[PDB]
Chemist: 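Got a PDB entry here containing tobramycin. Few questions.
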Amino acid sequence: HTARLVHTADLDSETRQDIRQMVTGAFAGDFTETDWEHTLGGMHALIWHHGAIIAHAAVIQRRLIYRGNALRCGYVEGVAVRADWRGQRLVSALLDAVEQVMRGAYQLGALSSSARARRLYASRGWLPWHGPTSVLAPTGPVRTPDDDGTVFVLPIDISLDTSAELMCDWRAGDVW
Amino acid sequence: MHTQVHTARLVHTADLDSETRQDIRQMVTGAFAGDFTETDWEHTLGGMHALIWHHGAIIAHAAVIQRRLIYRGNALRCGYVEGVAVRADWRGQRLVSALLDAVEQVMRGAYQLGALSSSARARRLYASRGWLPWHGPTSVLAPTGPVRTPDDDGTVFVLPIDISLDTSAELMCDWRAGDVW
Ligand SMILES: CC(C)(COP(=O)(O)OP(=O)(O)OC[C@H]1O[C@@H](n2cnc3c(N)ncnc32)[C@H](O)[C@@H]1OP(=O)(O)O)[C@@H](O)C(=O)NCCC(=O)NCCS
Ligand SMILES: CC(C)(COP(=O)(O)OP(=O)(O)OC[C@H]1O[C@@H](n2cnc3c(N)ncnc32)[C@H](O)[C@@H]1OP(=O)(O)O)[C@@H](O)C(=O)NCCC(=O)NCCS
Ligand SMILES: NC[C@H]1O[C@H](O[C@H]2[C@H](O)[C@@H](O[C@H]3O[C@H](CO)[C@@H](O)[C@H](N)[C@H]3O)[C@H](N)C[C@@H]2N)[C@H](N)C[C@@H]1O
Ligand SMILES: NC[C@H]1O[C@H](O[C@H]2[C@H](O)[C@@H](O[C@H]3O[C@H](CO)[C@@H](O)[C@H](N)[C@H]3O)[C@H](N)C[C@@H]2N)[C@H](N)C[C@@H]1O
Ligand SMILES: Nc1ncnc2c1ncn2[C@@H]1O[C@H](COP(=O)(O)OP(=O)(O)O)[C@@H](OP(=O)(O)O)[C@H]1O
């Protein structure tokens, strides 16, 4: 299988719904209205089999502040492979597409991973963040300790001290 | 299907081949008569470029990049318009309208609102298409906290997509290097 990249604005309404339902079912309900909102706005890597969406990952644009610079970041959201199609390395095909988008448009990729998926990201060259994570909330920088240990980055055109602070920009729901 | 002549084509930054990317950058930089910095170029990257081609050259460009604008404590998902330019030999023919057809389509299909900071020259063009001028004070959520951006007051326009915005309220953009708006 090979993923196809489609911008959110190019999704017909039937396709957009098929994605939301497949991703929601793949997370077994652990995917909220704001998790879905966070998957919108960027490029969706999609894998189909006979007219049905069997795999999805989205890369959206945001800023991550590292050593005072607001790095242009491709943030990965909604990675999911339909349950009956798992164990077939379809996720590797989704990540090939999302990583291609990073190399062509961003300074680094980033994402917040489940304890499970960590081996997968690390095997592809993603780096686990060791420094304290924070978010630039409307009141100012606030640490995000519940997200520590879950963030991974994919440097594109920068070497990174992964034990320095990393502060994402603000949004509703999970900020990472 | 007709030839598609002068219809703007949408291409993500990651899909621009090297020659096209350089053509866009020199064209947009030259369209602005020296008021387009390296940082302003960086701001045009990461999203969808609306491109109009003529004889293999880019004669108009507008990019829609994604960011958040904070309104009443809500981080709205915004398509922000950067690098709007029509090459000078092609101006006066409404090609910017063709760019905006594409930009507005991206807003309706992917964001809660479009926004941009307009030149005094271009304000009427946007207002004519239904973009609303932002009358409230503007600010940016800088690393030290909110800070007003008075130099950007009276320049911002928005295109709400099925959300109602009180355009007299404070509007606070997220942080980046260079001009935040
Ligand atoms: C995480 C996920 C995207 C991986 O997709 P995938 O294509 O199945 O991944 P792979 O084929 O490379 O397999 C990954 C691991 O999943 C497990 N797995 C294998 N078969 C499985 C099956 N039939 N059903 C469920 N999990 C299975 C194994 O641990 C496997 O390790 P291995 O490849 O070294 O043997 C997928 O399990 C899924 O969508 N999970 C729920 C959503 C979620 O957690 N997404 C990740 C968010 S960061
Ligand atoms: C703003 C811009 C994109 C408009 O593009 P366009 O396709 O030429 O727009 P229009 O055809 O609607 O012309 C806009 C106005 O420019 C003027 N104009 C006409 N011919 C012109 C020319 N040859 N050169 C300069 N301005 C001209 C007229 O005032 C016209 O208004 P009208 O339609 O009411 O007569 C273009 O002038 C530009 O690239 N300027 C430099 C970059 C810039 O400032 N971008 C704006 C980003 S906010
Ligand atoms: N809930 C659905 C989401 O799950 C993941 O991210 C989320 C991570 O899974 C979250 O991680 C949390 O849940 C995981 C997985 O159960 C735990 O391993 C982890 N220690 C805990 O902090 C982290 N705290 C936030 C992040 N948005 C996907 N990357 C995106 C998806 O929207
Ligand atoms: N300099 C190149 C840029 O010009 C425009 O935006 C810029 C606006 O033109 C700027 O507006 C300023 O410049 C214009 C003159 O062009 C004045 O009308 C306005 N009062 C003044 O504040 C505003 N302050 C910042 C914004 N990024 C383009 N939309 C984007 C482009 O990168
Ligand atoms: N209305 C326009 N304003 C500005 N340039 C224009 C316009 N109409 C035609 N041109 C250009 O003026 C040149 C001559 O136009 P044509 O290509 O139509 O010429 P031709 O029919 O005689 O072969 C072309 O530019 P190029 O040679 O650098 O590619 C063409 O793009």
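Chains: lettered A, B, ... by order of sequence lines. Using the PDB entry numbers, chain A covers 6-181, in order. By the PDB entry numbering, chain B shows 1-181, in order. Just follow the structure's listing: the first ligand is 1, and inside any ligand the first atom is 1.
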Chemist: In terms of chains or ligands, where should one look for tobramycin?
Modeler: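 The drug sits at ligands 3 and 4.
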Chemist: Report, using the naming of UniProt, the chain with the greatest number of heavy-atom pairs under 4.5 Å to tobramycin (ligand 3).
Modeler: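 The main binding partner here is Aminoglycoside 2'-N-acetyltransferase.
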Chemist: Under a 4.0 Å cut-off, which other chains come into heavy-atom contact with tobramycin (ligand 3)?
Modeler: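 Counting heavy atoms only, the chains are A.
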Chemist: With heavy atoms only and a cut-off of under 4.0 Å, state how A:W181 meets tobramycin (ligand 3): side chain, backbone, both or neither.
Modeler: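 For A:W181, only backbone atoms sit under 4.0 Å from tobramycin (ligand 3).
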Chemist: Identify the protein heavy atom lying closest to atom 18 (O) of tobramycin (ligand 3), giving its residue, its atom name and the separation to 0.1 Å.
Modeler: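 Scanning the protein heavy atoms, the shortest distance from atom 18 (O) of tobramycin (ligand 3) goes to A:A120 N, 3.0 Å.
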Chemist: What residue and atom, counting heavy atoms only, is the protein's closest point to atom 22 (O) of tobramycin (ligand 3), and at what distance?
Modeler: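 For atom 22 (O) of tobramycin (ligand 3), the nearest protein heavy atom comes out as A:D151 O, 3.2 Å.
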Chemist: Starting from atom 2 (C) of tobramycin (ligand 3), which protein heavy atom do you reach first, and at what distance in Å?
Modeler: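 Going atom by atom, the protein heavy atom closest to atom 2 (C) of tobramycin (ligand 3) ends up being A:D35 O, 3.3 Å.
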Chemist: How far is atom 4 (O) of tobramycin (ligand 3) from its nearest protein heavy atom, and which residue and atom name does that atom have?
Modeler: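 So the nearest neighbour among protein heavy atoms is A:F32 CE2, 3.8 Å.
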Chemist: Tell me the contacting part of A:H43 for tobramycin (ligand 3): side chain, backbone, both, or neither, using a 4.0 Å heavy-atom threshold, strictly below.
Modeler: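 Near tobramycin (ligand 3), A:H43 shows nothing, with every heavy atom at 4.0 Å or more.
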Chemist: If the cut-off is 4.0 Å to any non-hydrogen atom of A:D179, which atoms of tobramycin (ligand 3) fall inside it?
Modeler: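 Per the distance check, 25 (C), 27 (N).
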Chemist: Among all protein heavy atoms, pick out the one at the shortest distance from atom 19 (C) of tobramycin (ligand 3); state its residue, atom name and that distance to 0.1 Å.
Modeler: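 Result for atom 19 (C) of tobramycin (ligand 3): A:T155 CG2, 3.8 Å.
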Chemist: Do any UniProt CoA-binding residues in chain A have a heavy atom less than 4.0 Å from tobramycin (ligand 3), and if so, which?
Modeler: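 Short answer: no UniProt residue has a heavy atom that close.
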Chemist: Quick test: of every protein heavy atom, which one is nearest to atom 24 (N) of tobramycin (ligand 3), and how far off is it to 0.1 Å?
Modeler: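 Atom 24 (N) of tobramycin (ligand 3) sits closest to the protein heavy atom A:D152 OD1, 2.9 Å.
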Chemist: Which UniProt-listed substrate-binding residues of chain A does tobramycin (ligand 3) come within less than 4.0 Å of, going by heavy atoms?
Modeler: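 UniProt-annotated residues with a heavy atom under 4.0 Å: A:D35, A:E82, A:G83, A:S117, A:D151, A:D152.
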Chemist: As an exercise, identify every atom of tobramycin (ligand 3) less than 4.0 angstrom from a heavy atom of A:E82.
Modeler: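 Answer for tobramycin (ligand 3): 30 (C), 32 (O).
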Chemist: Output yes when a protein non-hydrogen atom is found under 4.0 Å of atom 16 (O) of tobramycin (ligand 3), and no otherwise.
Modeler: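 When distances to the protein are checked, atom 16 (O) of tobramycin (ligand 3) has no heavy atom within 4.0 Å.
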Chemist: Record the part of A:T37 in heavy-atom contact with tobramycin (ligand 3) below 4.0 Å; permitted values are side chain, backbone, both and neither.
Modeler: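 The answer is neither.
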Chemist: Got a sec? Which UniProt domain of chain A does most of the touching around tobramycin (ligand 3)?
Modeler: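 According to UniProt, it is N-acetyltransferase.
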Chemist: Atom 6 (O) of tobramycin (ligand 3): which protein heavy atom is closest, and how many Å away?
Modeler: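 Going atom by atom, the protein heavy atom closest to atom 6 (O) of tobramycin (ligand 3) ends up being A:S117 O, 3.4 Å.
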Chemist: Quick one: nearest non-hydrogen protein atom to atom 14 (C) of tobramycin (ligand 3), plus distance?
Modeler: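 Closest protein heavy atom to atom 14 (C) of tobramycin (ligand 3): A:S119 CA, 4.0 Å.
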Chemist: Can you list, by chain and number, the residues with heavy atoms within 4.0 Å of tobramycin (ligand 3)?
Modeler: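 Heavy-atom contacts: A:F32, A:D35, A:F36, A:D40, A:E82, A:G83, A:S117, A:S119, A:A120, A:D151, A:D152, A:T155, A:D179, A:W181.
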Chemist: For a distance cut-off of 3.5 Å, show me each N or O of tobramycin (ligand 3) paired with any protein N or O, plus the separation.
Modeler:
| residue | atom | partner | partner atom | Å |
| --- | --- | --- | --- | --- |
| tobramycin (ligand 3) | 1 (N) | A:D35 | O | 3.0 |
| tobramycin (ligand 3) | 1 (N) | A:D35 | OD2 | 3.4 |
| tobramycin (ligand 3) | 6 (O) | A:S117 | O | 3.4 |
| tobramycin (ligand 3) | 18 (O) | A:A120 | N | 3.0 |
| tobramycin (ligand 3) | 22 (O) | A:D151 | O | 3.2 |
| tobramycin (ligand 3) | 24 (N) | A:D152 | OD1 | 2.9 |
| tobramycin (ligand 3) | 27 (N) | A:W181 | O | 2.7 |
| tobramycin (ligand 3) | 29 (N) | A:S117 | O | 2.8 |
| tobramycin (ligand 3) | 32 (O) | A:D40 | OD1 | 3.4 |

